[PDB]
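All chains are named by letter (A, B, ...) in the order of the sequence lines, taking the proteins before the strands, and each is independently numbered beginning at 1. This entry, so its header tells us, was determined using X-ray crystallography, 2.1 Å. Atoms considered below: every heavy atom in the structure, side chains included; atoms not considered: hydrogens, waters and symmetry mates. In each ligand, atom 1 is the first atom listed, and ligand 1 is the first ligand listed.
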Amino acid sequence: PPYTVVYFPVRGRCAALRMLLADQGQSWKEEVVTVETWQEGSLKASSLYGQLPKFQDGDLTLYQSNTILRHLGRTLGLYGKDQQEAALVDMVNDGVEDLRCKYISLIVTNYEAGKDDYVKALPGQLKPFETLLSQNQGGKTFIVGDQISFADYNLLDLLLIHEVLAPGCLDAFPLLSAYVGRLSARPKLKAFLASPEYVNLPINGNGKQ
Amino acid sequence: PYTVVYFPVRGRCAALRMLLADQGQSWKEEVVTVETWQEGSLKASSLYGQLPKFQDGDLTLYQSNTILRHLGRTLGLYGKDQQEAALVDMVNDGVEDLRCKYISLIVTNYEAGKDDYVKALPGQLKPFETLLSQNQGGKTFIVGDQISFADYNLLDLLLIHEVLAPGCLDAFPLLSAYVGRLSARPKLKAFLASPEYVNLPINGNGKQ
Ligand SMILES: N[C@H](CCC(=O)N[C@@H](CS)C(=O)NCC(=O)O)C(=O)O
Ligand SMILES: N[C@H](CCC(=O)N[C@@H](CS)C(=O)NCC(=O)O)C(=O)O
Ligand SMILES: C=C(CC)C(=O)c1ccc(OCC(=O)O)c(Cl)c1Cl
Ligand SMILES: C=C(CC)C(=O)c1ccc(OCC(=O)O)c(Cl)c1Cl
Ligand SMILES: [Ca+2]
Ligand SMILES: [Ca+2]
Ligand SMILES: [Ca+2]
Ligand SMILES: [Ca+2]
Ligand SMILES: [Ca+2]
Ligand SMILES: [Ca+2]
């Protein structure tokens, strides 16, 4: 630290890493880039891959949301207990990212025509995370092992936005349903989720959710 | 004991295979045909309903980048530092973003999409040139001064783009030299010349 998040005024791809920092007792600065500022070109041109989020951790500049998650997971001890658990954490996170990518494509490119199909396919996309919970301490702790990992924050965000897209999608998945409530109730995470810094942002950039 | 379970293509296993070969490792290839896959049994038993599946002794993994990170962690190909680890991830995530765009082209829009993709390509390659320029004059690796899992994934990405668009690396001296230097590593050189690499198509649908 100090931590600085540089992003558009939305939850989007920074929602998980923000929940992670809040839950871990960390403070950070939000640096807001408007559409107008972005279209000016300067920051985009100076960004490694022409994209946000950009993340500062002291003198380290990072890009890529999952790089930020893994960095915080590594530096804050949210990466499982050994090498084998680290691999399971990665596997869960990569799974979350695949669904996030599908979600974003819907939101951005094909919301109106694609929503029906997306919602029909949703149970089958959510089931693996239910299966993973069932295989770990009866779904009663975390997605991997007996300590929170960066993959938990990412999965939690994914589930939250899908309950918004498709209210009741978690009703068929008792472990995932209970997991959302249990993690959301963690006192520091509970505070953050109720705060204006979370509540007063839209989920995505285009008005859709 | 390593086992790769995948379709008979290079695809998302090309990088982890180069990694295992260059690190002096043996592994078994278990081939899943289109006909077997369509039968449904392996797809249903797979975590996310997809390949590759990777066995490492008693450990079963899915997700190509999970496999890369696992091998990188277990074989010491993940930087010297927590900070270098983060830079390795950043490069790999960048490689994955372009790989995802490449696959979308190949699979969904090759004929109509290629012209636009090729025009956009220099701007998509430029960041990896810039990273090389900031690390020991581009003379070693993408991050630090030891090979990482990100190197194998980036090398694969570059090799397939030269097939898609011959001469795309000509404007990028560091990326061009990097492809030759890594490809010349003796164990990797042998693998890249071997039937198990050469006799596979890059993708599943006949396009490249
Ligand atoms: N690989 C992604 C890339 C993030 C991304 O798609 N950035 C978007 C906003 S979430 C963006 O900067 N778009 C603006 C542009 O490309 O000009 C990540 O995990 O960070
Ligand atoms: N997130 C990807 C998923 C791999 C993937 O897209 N698998 C394809 C072939 S490379 C597949 O199994 N498709 C068959 C299907 O979906 O039924 C990874 O990194 O492994
Ligand atoms: C997170 C996103 C929505 C799902 C997203 O990708 C995105 C892209 C461009 C954006 O504006 C910059 C611009 O003028 O394009 C904004 Cl605000 C967002 Cl949120
Ligand atoms: C990215 C890919 C590999 C380069 C890919 O999308 C893919 C998907 C399905 C496939 O067959 C299974 C089927 O019958 O669809 C195959 Cl062989 C491939 Cl290579
Ligand atoms: Ca703050
Ligand atoms: Ca601020
Ligand atoms: Ca811990
Ligand atoms: Ca019900
Ligand atoms: Ca074989
Ligand atoms: Ca090493």
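Within 4.5 Å of ligand 4, most heavy-atom pairs belong to the chain that UniProt identifies as Glutathione S-transferase P. The molecule at ligand 4 is the drug named ethacrynic acid.
Under a 4.0 Å heavy-atom cut-off, the other chains found next to ethacrynic acid (ligand 4) are B. With the cut-off at 4.0 Å and only heavy atoms counted, the binding site of ethacrynic acid (ligand 4) comes to B/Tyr6, B/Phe7, B/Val9, B/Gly11, B/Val34, B/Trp37, B/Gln38, B/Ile103, B/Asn203, B/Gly204. Near ethacrynic acid (ligand 4) (under 4.0 Å), the structure shows the other ligands and ions ligand 2 (glutathione). Close approach to B/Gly204 involves these atoms of ethacrynic acid (ligand 4), each under 4.0 Å from a residue heavy atom: 19 (Cl). For atom 4 (C) of ethacrynic acid (ligand 4), a protein heavy-atom neighbour is present inside the 4.0 Å cut-off.
Most residues around ethacrynic acid (ligand 4) in chain B come from the UniProt domain GST N-terminal.
Closer than 4.0 Å to atom 15 (O) of ethacrynic acid (ligand 4) lies none of the heavy atoms of the protein. Within a 4.0 Å radius of atom 8 (C) of ethacrynic acid (ligand 4), the protein contributes no non-hydrogen atoms. The deposited model shows no covalent link between ethacrynic acid (ligand 4) and any chain. Remark: ethacrynic acid (ligand 4) atoms within the under-4.0 Å shell around heavy atoms of B/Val9 are 19 (Cl). For ethacrynic acid (ligand 4), the atoms closer than 4.0 angstrom to any heavy atom of B/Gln38 are 14 (O). Residue contact check: B/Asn203 has heavy atoms under 4.0 Å from atoms 4 (C) of ethacrynic acid (ligand 4).
Close approach to B/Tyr6 involves these atoms of ethacrynic acid (ligand 4), each under 4.0 Å from a residue heavy atom: 3 (C). The protein non-hydrogen atom at the shortest distance from atom 13 (C) of ethacrynic acid (ligand 4) is B/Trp37 CD1, 4.0 Å. In chain B, UniProt glutathione-binding residues less than 4.0 Å from ethacrynic acid (ligand 4) by heavy-atom distance: B/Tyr6, B/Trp37.
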